[PDB]
Participant: 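This file holds Nucleoside diphosphate kinase, cytosolic with d4T-TP bound.
Convention: sequence-line order gives letters A, B, ...; per-chain numbering from 1. Counting convention: from 1, in listed order, for ligands and their atoms alike.
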There are 6 protein chains.
Amino acid sequence: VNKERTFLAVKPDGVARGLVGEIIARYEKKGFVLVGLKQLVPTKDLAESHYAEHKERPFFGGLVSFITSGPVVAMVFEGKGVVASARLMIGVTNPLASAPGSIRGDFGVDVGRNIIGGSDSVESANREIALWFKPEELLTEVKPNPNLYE
Amino acid sequence: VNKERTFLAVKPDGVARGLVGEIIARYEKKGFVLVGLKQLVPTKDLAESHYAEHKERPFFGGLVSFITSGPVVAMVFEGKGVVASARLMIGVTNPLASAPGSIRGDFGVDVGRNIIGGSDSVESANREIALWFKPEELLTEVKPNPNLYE
Amino acid sequence: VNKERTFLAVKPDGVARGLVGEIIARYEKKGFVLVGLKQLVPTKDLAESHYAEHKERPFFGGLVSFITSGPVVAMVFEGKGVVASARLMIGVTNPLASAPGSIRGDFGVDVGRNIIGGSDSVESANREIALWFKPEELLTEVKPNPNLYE
Amino acid sequence: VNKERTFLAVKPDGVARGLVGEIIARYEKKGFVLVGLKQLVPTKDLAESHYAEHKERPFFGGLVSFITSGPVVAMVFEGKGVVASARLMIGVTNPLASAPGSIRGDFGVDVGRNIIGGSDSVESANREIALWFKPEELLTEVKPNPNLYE
Amino acid sequence: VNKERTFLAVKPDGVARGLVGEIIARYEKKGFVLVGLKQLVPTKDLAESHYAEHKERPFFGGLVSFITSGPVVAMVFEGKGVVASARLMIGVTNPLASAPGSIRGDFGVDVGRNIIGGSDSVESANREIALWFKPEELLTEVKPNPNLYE
Amino acid sequence: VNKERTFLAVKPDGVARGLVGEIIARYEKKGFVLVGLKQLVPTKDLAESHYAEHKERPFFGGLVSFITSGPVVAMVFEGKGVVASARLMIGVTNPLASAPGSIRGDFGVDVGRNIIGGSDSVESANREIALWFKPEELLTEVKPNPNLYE
Ligand SMILES: Cc1cn([C@H]2C=C[C@@H](COP(=O)(O)OP(=O)(O)OP(=O)(O)O)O2)c(=O)[nH]c1=O
Ligand SMILES: Cc1cn([C@H]2C=C[C@@H](COP(=O)(O)OP(=O)(O)OP(=O)(O)O)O2)c(=O)[nH]c1=O
Ligand SMILES: Cc1cn([C@H]2C=C[C@@H](COP(=O)(O)OP(=O)(O)OP(=O)(O)O)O2)c(=O)[nH]c1=O
Ligand SMILES: Cc1cn([C@H]2C=C[C@@H](COP(=O)(O)OP(=O)(O)OP(=O)(O)O)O2)c(=O)[nH]c1=O
Ligand SMILES: Cc1cn([C@H]2C=C[C@@H](COP(=O)(O)OP(=O)(O)OP(=O)(O)O)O2)c(=O)[nH]c1=O
Ligand SMILES: Cc1cn([C@H]2C=C[C@@H](COP(=O)(O)OP(=O)(O)OP(=O)(O)O)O2)c(=O)[nH]c1=O
Ligand SMILES: [Mg+2]
Ligand SMILES: [Mg+2]
Ligand SMILES: [Mg+2]
Ligand SMILES: [Mg+2]
Ligand SMILES: [Mg+2]
Ligand SMILES: [Mg+2]
């Protein structure tokens, strides 16, 4: 369905580096529709829940501390296959291994400063969207450009 | 000082046209810092208050109707002379008269579909920021970039 | 030979979305030479001979009606290995599976609105070029650029 | 009216320099609609009727020979005030005096290789369009985009 | 003459901010030819001579100290009217007053962090070129794209 | 470590084509730091030493002739995994086989005119940097960007 959604966060490094607009632009050019958007400084609570699946992993700590270190631009995008697509557009975890053309491939070098984060499955997307956004913050009236879908 | 702030809004046409990232990128590249950001569908009240100075102008009804017809991406940018600079970057009210290089100049043709709106003075900016953003949505921590400011 | 040619069409969706220049620019930047160009609204017969290989397939009907639904910008580009290179630049049939960096990968989300079409072999290209352009509409003189070719 | 039209030609230098897509993209992004497009090598008669107003001027001869020296991409764009707007987007006769942001300002350095030509009045445009395009080569159906026009 | 030259320096702020390529690209797109290029950390001696005309002015000190604070990319560009043109492309001293489309207008906010510096006259250009570059560092064989000049 | 360096060279075709800024910008945007930069016309000796590994290859003579036929912009970039990353960003030897998004993929069509050259290993990089740059031309002071490196 063309109403699938995903959660993307331009991390503190992406924001500090002035990449918010560039990133949003990539998803707009693709045809995806912004249904949620805000800048905030994530609270430890938020980050911990966001990255709950990594509570164990040794890098969990610094990650939580990093995402809460400064402003982040949280976004929700809607469109057909947007979850998988946005990940393809982001690249892979390691920016050095990300293909040119992808966001990490074009802009990053370090795993811990990998610019943006995106939901890895519809299940996770739904969970993270609910986490970062109040329902009234998400559009209900979505208007994709009439030339994008059959 | 370098703490001046202005209110900018990508209107429904700018949003429908996928110009959000492009616009945000222009202000990021300029060196202004994003201190507030959110997408929302304006209410009649918000819209009428935002444009209160024009309540007796003939175009007011259509303007309020249009600004409330879809999502708007509201933002606040901070930096030296940001209010006058943002206006220069936007162009003039009529996009056809706006210079190539300005946002309306590069992207618009109709006064009623002029893509973005920005505060016209520090006074208007203070009033507009207050209308659209709660204090808690605006960053307080803004370390000036040593690369942008002497 | 450096005079290979391929047929590319910015489909009705690509034209309506204002992607004609962006697409042409990618081929110009690559070093391919525009030897034919025109905008037209395809007739049913043209569309049908163009997609003749799919006349028995289920999506054929919807494809032909779509191609004829609005203007198309038909082009012929010349250069070494332009047929296969132009396809690599386009992506794969499904824009969602097309890599960031490719035309469909950067701009599309639906197989039926996949922006551009390109010949898939030298044979198909010669055939398609003959279908869309009269000889007089194609450049005959193309001195290879010494900066692009040994 | 929103149906005003103007004639623009990417001159032989603009075409040879691979600026066709970049130029078209600027007009598409602005919101103007491509209603006519084709690449051709101008005949002496065409060039001469096109620049008829300069037939008595000294540079006329060199101008006509240049316009006919290689392919040109002729275009017709439609929209509110497109004639004057398209000229503002082009710059002024001398690219060196053309403002950054304009086509000549960004890409040229010589009056005789000034990249693109555009009609300078509605009268001239209608005349020029009739010179370069047969009616059948121009779109008749142009429903204004609701995002570009009130 | 098409062999006029000018000296441009991407200052430490321009380099620190990752604007070297963007700036060089603007001059290449314009048609100007790079005849000298190098990155170095300016010595006080160099900066003082470079900015000799301001030895008096109160801002002289900090300026010298700023240009010597980090790497700078020194460049020499050749083309018709390149001295005046490059200044027009740079903007005015104050980035806030520089027009969008110009380098300072697009990227800066502070007079002391104004990204790039360019010769203000052929006389000064010649002096600065001689100052920053050894004759053997400057091209003698200059090849402008044959489509730029009459 | 994050101090790895690689040698990159915009070949004469890349320079003639005005691709210098674009290429430098790609590496700047990626987060790699420019530690050396200069434009020069290679000598037969430099060229033969640079490509010594290919001295018995059939294409060696034409390659040496071409690389010495005009200016080259030589550069050294520093950062984690810069050598392999730079290669990924360049593409593969044959531009036609290089992926959209890579430099050769976006801009080239001929193996002999493949725009840029980059070290293929840390060993080759150390050798190449030493060939083209004196120690005094390479920055020694490189404070890692806190935004790019954990
Ligand atoms: C695996 C890993 C990750 N990270 C950082 C980067 C992204 C986040 C989450 O890691 P991940 O969930 O495995 O990667 P990925 O899906 O690509 O990233 P996110 O989109 O979830 O941020 O933590 C890190 O610092 N070190 C590591 O070793
Ligand atoms: C003058 C005018 C304007 N408008 C639209 C455009 C901007 C808003 C507000 O008008 P304005 O306040 O005078 O223009 P301006 O400052 O340039 O735009 P904003 O940044 O305030 O939106 O109304 C319209 O629809 N018709 C008109 O005749
Ligand atoms: C296979 C397929 C295709 N299409 C659309 C997409 C491209 C065209 C032609 O299909 P194709 O010939 O198999 O793919 P491809 O070469 O990538 O497309 P063109 O470049 O020829 O348009 O039809 C569709 O609407 N539904 C489908 O199931
Ligand atoms: C005046 C002039 C002009 N030209 C070239 C540039 C544009 C065309 C037409 O000149 P023009 O008609 O006066 O300027 P302009 O409208 O800006 O150009 P076009 O858009 O019509 O090409 O001729 C030239 O080579 N030498 C000259 O002295
Ligand atoms: C006038 C002025 C200048 N500056 C900085 C900016 C550029 C240089 C040189 O100033 P300038 O020579 O008057 O301006 P301009 O030509 O635009 O700049 P340069 O291209 O010469 O760097 O010093 C500053 O810090 N404060 C000031 O008040
Ligand atoms: C293989 C080959 C190559 N070349 C040109 C292209 C790059 C250089 C060096 O070849 P290479 O070393 O194998 O390719 P590659 O690493 O991709 O390119 P460089 O970054 O070293 O220039 O020679 C050529 O003209 N003809 C050929 O057949
Ligand atoms: Mg993850
Ligand atoms: Mg106003
Ligand atoms: Mg096909
Ligand atoms: Mg004229
Ligand atoms: Mg000066
Ligand atoms: Mg090699």
Participant: Which entities in the file belong to d4T-TP, all copies counted?
Facilitator: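 Check ligands 1, 2, 3, 4, 5 and 6.
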Participant: Which neighbouring chains have any non-hydrogen atom closer than 4.0 Å to d4T-TP (ligand 1)?
Facilitator: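 Counting heavy atoms only, the chains are A.
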Participant: Using a heavy-atom cut-off of 4.0 Å, list the UniProt ATP-binding residues in chain A near d4T-TP (ligand 1).
Facilitator: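 Those UniProt residues with a heavy atom under the cut-off: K11(A), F59(A), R87(A), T93(A), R104(A), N114(A).
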Participant: Using a cut-off of 4.0 Å, list the other ligands and ions near d4T-TP (ligand 1).
Facilitator: ligand 7 (magnesium ion)
Participant: For atom 14 (O) of d4T-TP (ligand 1), what is the nearest protein heavy atom, given as residue, atom name and distance?
Facilitator: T93(A) CG2, 3.5 Å
Participant: Hey, is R113(A) touching d4T-TP (ligand 1) through its side chain, its backbone, both or neither, going by heavy atoms under 4.0 Å?
Facilitator: neither
Participant: Do me a favour and list the nearest non-hydrogen protein atom to atom 11 (P) of d4T-TP (ligand 1) with residue, atom name and distance?
Facilitator: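 Nearest neighbour among protein heavy atoms for atom 11 (P) of d4T-TP (ligand 1), to 0.1 Å: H54(A) NE2, 3.5 Å.
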Participant: Regarding atom 19 (P) of d4T-TP (ligand 1): of the candidates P95(A), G117(A), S98(A), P58(A), which has the closest heavy atom?
Facilitator: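 Looking at heavy atoms only, the winner is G117(A).
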Participant: Name the closest protein heavy atom to atom 24 (C) of d4T-TP (ligand 1), giving the residue it belongs to and the distance to 0.1 Å.
Facilitator: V111(A) CG1, 3.3 Å
Participant: Backbone or side chain, does any N or O of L63(A) fall under 3.5 Å from an N or O of d4T-TP (ligand 1)?
Facilitator: no
Participant: Could you tell me, atom by atom, which parts of d4T-TP (ligand 1) come under 4.0 Å of a heavy atom of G118(A)?
Facilitator: 20 (O)
Participant: Contact between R87(A) and d4T-TP (ligand 1), counting heavy atoms under 4.0 Å?
Facilitator: yes
Participant: With a cut-off of 4.0 Å, which atoms of d4T-TP (ligand 1) are near a heavy atom of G112(A)?
Facilitator: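 Contacts of d4T-TP (ligand 1) toward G112(A), numbered from 1: 25 (O).
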Participant: Among protein heavy atoms, which sits nearest to atom 28 (O) of d4T-TP (ligand 1), and what does the distance come to when rounded to 0.1 Å?
Facilitator: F59(A) CD2, 3.5 Å
Participant: Is d4T-TP (ligand 1) less than 4.0 angstrom away from at least one heavy atom of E53(A)?
Facilitator: no
Participant: Please verify whether a non-hydrogen atom of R104(A) lies at under 4.0 Å from d4T-TP (ligand 1).
Facilitator: yes
Participant: Are any of the heavy atoms in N114(A) under 4.0 Å away from d4T-TP (ligand 1)?
Facilitator: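 Yes, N114(A) has a heavy atom closer than 4.0 Å to d4T-TP (ligand 1).
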Participant: So, does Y51(A) sit close enough to d4T-TP (ligand 1) that a heavy atom of it is under 4.0 Å from the ligand?
Facilitator: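 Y51(A): in contact with d4T-TP (ligand 1) (<4.0 Å).
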Participant: At a non-hydrogen distance cut-off of under 4.0 Å, which region of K11(A) contacts d4T-TP (ligand 1) (side chain, backbone, both, or neither)?
Facilitator: side chain
Participant: Give, by chain and number, all residues and nucleotides of other chains with a heavy atom within 4.0 Å of d4T-TP (ligand 1).
Facilitator: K11(A), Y51(A), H54(A), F59(A), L63(A), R87(A), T93(A), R104(A), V111(A), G112(A), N114(A), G117(A), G118(A)
